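Caption: PDB structure containing methicillin (hydroxylated form).
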Amino acid sequence: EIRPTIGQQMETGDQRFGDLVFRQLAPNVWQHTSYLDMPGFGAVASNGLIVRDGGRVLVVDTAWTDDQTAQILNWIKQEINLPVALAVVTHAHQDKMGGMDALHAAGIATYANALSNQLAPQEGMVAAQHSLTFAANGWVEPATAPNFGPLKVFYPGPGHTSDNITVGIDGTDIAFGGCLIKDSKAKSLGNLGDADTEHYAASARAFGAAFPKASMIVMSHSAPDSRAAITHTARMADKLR
Ligand SMILES: COc1cccc(OC)c1C(=O)N[C@H](C(=O)O)[C@@H]1N[C@@H](C(=O)O)C(C)(C)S1
Ligand SMILES: [Zn+2]
Ligand SMILES: [Zn+2]
């Protein structure tokens, strides 16, 4: 089994498939986990989501690479056997957008914050094919997110990056914080190289308030946690100001 240097370990309830791990979170929701080997350091796990919505599947975040992302699509075909309608990617970093070309080669419609698409070329990424825009309170403009089914996209403000977005899964008690949110026992906020240290705490709290009844908080580099992940992340971020 895969034992990453950074990221949750494999536990009961995880399925290894190729180089990835998949974990069912709800009857219609799975977490995908992929690993980037860094020289001298070992593997860094990154998580995203797969959601079944009737006769189609929706994806949140790519894997770190195109080949890993193709493996996610192969898991979906094996385990669910339904077409992927769209993917939402949650900011212009490799862990979230590194596999765009695999989605595009598969014919999957891709969506990201307009700002992520504008930043992608600067970050060594390929832009999504569609841009999401947001209201002044963070909620996505619905005409930009057509036919998103249960995915409720919210821009919480600058934090981990200026472009980070989050996704609630309507009809469940799950919300996805991506790299913005760290787990309740984390010692650090991760890579702050692109972060907005002034606004981070408010942005973490705004994610909590956008999805006030989400009890299972999914994030990029830890196992799903309680809402203490949100509150702890904000408390860490209070120290940055
Ligand atoms: C353009 O992106 C990259 C290029 C090369 C290597 C990378 O990660 C090792 C990445 C890249 O995607 N870096 C991200 C980032 O900088 O936020 C990752 N997310 C961080 C986080 O959630 O705190 C991390 C797990 C410490 S690294
Ligand atoms: Zn990032
Ligand atoms: Zn990350």
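Here chain A follows the PDB entry, giving residues 30-270 in order. How was it done? The header gives X-ray crystallography, 1.2 Å. Both ligands and their constituent atoms are indexed starting at 1 by order of listing. What's counted below: heavy atoms across the whole structure, side chains too, no hydrogens, waters or symmetry copies.
- For methicillin (hydroxylated form), every matching ligand or chain, copies included, can be listed as ligand 1.
- Of all chains here, the one making more contacts with methicillin (hydroxylated form) than any other appears in UniProt as Metallo-beta-lactamase type 2.
- In chain A, UniProt substrate-binding residues less than 4.0 Å from methicillin (hydroxylated form) by heavy-atom distance: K211, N220.
- Taking 4.0 Å as the cut-off, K211 counts as a neighbour of methicillin (hydroxylated form) on heavy-atom distance.
- The protein non-hydrogen atom at the shortest distance from atom 15 (C) of methicillin (hydroxylated form) is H122 ND1, 3.2 Å.
- In summary, the atoms of methicillin (hydroxylated form) found under 4.0 Å from a heavy atom of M67, numbered by their order in the structure, are 9 (C).
- Nearest protein neighbour of atom 2 (O) of methicillin (hydroxylated form), counting heavy atoms only, is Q123 N, 3.1 Å.
- Nearest non-hydrogen protein atom to atom 18 (C) of methicillin (hydroxylated form) is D124 OD2, 3.3 Å.
- Below 4.0 Å from some heavy atom of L65 lie the following atoms of methicillin (hydroxylated form), by number and element: 9 (C).
- Distance from atom 16 (O) of methicillin (hydroxylated form) to its nearest protein heavy atom, with residue and atom name: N220 ND2, 3.0 Å.
- Of the protein's non-hydrogen atoms, the one nearest atom 25 (C) of methicillin (hydroxylated form) is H250 NE2, 3.2 Å.
- Counting only non-hydrogen atoms, the residues of chain A annotated by UniProt as Zn(2+)-binding that lie closer than 4.0 Å to methicillin (hydroxylated form) amount to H122, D124, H189, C208, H250.
- Within less than 4.0 Å of methicillin (hydroxylated form), the other ligands and ions present are ligand 2 (zinc ion), ligand 3 (zinc ion).
- With respect to atom 7 (C) of methicillin (hydroxylated form), the closest heavy atom belonging to the protein is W93 CZ3, 4.0 Å.
- Within 4.0 Å of methicillin (hydroxylated form), judged by non-hydrogen atoms, the site holds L65, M67, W93, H122, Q123, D124, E152, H189, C208, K211, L218, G219, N220, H250.
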